[PDB]
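Working notes, structure below.
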Protein chains: 2
Amino acid sequence: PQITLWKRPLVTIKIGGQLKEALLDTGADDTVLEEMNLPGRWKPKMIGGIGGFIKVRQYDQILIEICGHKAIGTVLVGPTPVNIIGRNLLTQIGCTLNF
Amino acid sequence: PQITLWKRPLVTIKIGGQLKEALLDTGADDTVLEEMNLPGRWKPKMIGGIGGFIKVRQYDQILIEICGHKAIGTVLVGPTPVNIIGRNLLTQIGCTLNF
Ligand SMILES: CC(C)CN(C[C@@H](O)[C@H](Cc1ccccc1)NC(=O)O[C@H]1CO[C@H]2OCC[C@H]21)S(=O)(=O)c1ccc(N)cc1
């Protein structure tokens, strides 16, 4: 689909059997989601936004279904104010900016 | 143009007679730039994201040329680690997500 940016580009995602809404964020290198439980072993990391940094838990090779499109990749879990789909997963569903 | 997201969507902008590179950020509601001089009056504001908040100076009706696309709108000036073109200006140049 083609999403215009008059409203936030919010889409529905399915991850770990749960439904959520996430923000298609071209400004985010990595996908970051609010607190939740996920499989596999995770390792610490720190990511920086506009107001500093937060501590997240990095999960690799995690399946996400973004508005119907499936993708497997890194997912960061931490105290983000918004669920964010970063470029690490946007490239997999073949998303592009166009103007 | 069509911009893929394998690399950060950095583009060339032209504001206040200066040349810079900015991040086409669909996750950003409004445009935020690093410190610089701009014309006219401004008002204090605070914007929040991953990590917390920063104090910015809001300039209204500021001319920017994004990849050769002219736009006039709100421009926030503050300690952002990256120059961010937010949705407030992406809409004016006809930017859309497509997958
Ligand atoms: C976090 C979003 C809900 C909103 N943000 C835009 C977002 O693209 C930021 C904007 C951004 C871009 C680069 C550097 C700092 C902030 N990027 C970001 O947080 O990504 C982080 C998670 O993955 C990593 O990728 C880069 C930073 C990490 S924001 O910076 O806080 C913001 C909020 C409001 C306005 N008007 C302008 C910008």
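Chains: lettered A, B, ... by order of sequence lines. Residues displayed in chain A correspond, in order, to the PDB entry positions 1-99. Just so it is clear, chain B uses the PDB entry numbers, and the residues here are 1-99, in order. The figures that follow rest on heavy atoms only: side chains count, while hydrogens, waters and symmetry mates do not. Numbering of ligands and ligand atoms starts at 1, following listing order.
- The molecule at ligand 1, chosen from darunavir, idarubicin, ticagrelor, macimorelin, is darunavir.
- In this entry, more contacts with darunavir come from one chain than from any other, and the PDB entry calls that chain Protease NL4-3.
- Other chains within a heavy-atom distance below 4.0 Å of darunavir are, by letter, A, B.
- Here the protein heavy atom with the shortest distance to atom 5 (N) of darunavir is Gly27(B) O, 4.0 Å.
- Here the shortest heavy-atom distance to atom 36 (N) of darunavir, taken over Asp30(B), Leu24(B), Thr80(A), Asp30(A), belongs to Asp30(B).
- Of the candidates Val82(B), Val32(A), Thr31(B), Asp25(B), it is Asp25(B) that places a heavy atom closest to atom 9 (C) of darunavir.
- Per the entry, the species of origin for chain A is Human immunodeficiency virus 1.
- The protein atom (non-hydrogen) at minimum distance from atom 16 (C) of darunavir is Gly49(A) C, 3.9 Å.
- Closest heavy-atom approach to atom 30 (O) of darunavir among the candidates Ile50(A), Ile54(A), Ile47(B), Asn88(B): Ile50(A).
- Closest protein heavy atom to atom 11 (C) of darunavir: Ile84(B) CD1, 3.6 Å.
- Heavy-atom distances between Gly51(A) and darunavir stay at or above 4.0 Å for every pair.
- Interface atoms of darunavir facing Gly48(B), defined by a heavy-atom separation under 4.0 Å, are 31 (O), 33 (C).
- Of all atoms in darunavir, numbered sequentially from 1 with element shown, those under 4.0 Å from a heavy atom of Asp29(A) are 23 (O), 24 (C), 25 (O), 26 (C).
- Considering only non-hydrogen protein atoms, atom 38 (C) of darunavir sits nearest to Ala28(B) CB, 3.5 Å.
- With a heavy-atom cut-off of 4.0 Å, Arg87(A) does not touch darunavir at all.
- Not a single heavy atom of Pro81(A) sits under 4.0 Å from any atom of darunavir.
- The binding site of darunavir (heavy atoms under 4.0 Å) is made of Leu23(A), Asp25(A), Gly27(A), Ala28(A), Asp29(A), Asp30(A), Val32(A), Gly48(A), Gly49(A), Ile50(A), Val82(A), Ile84(A), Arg8(B), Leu23(B), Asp25(B), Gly27(B), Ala28(B), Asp30(B), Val32(B), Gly48(B), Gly49(B), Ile50(B), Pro81(B), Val82(B), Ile84(B).
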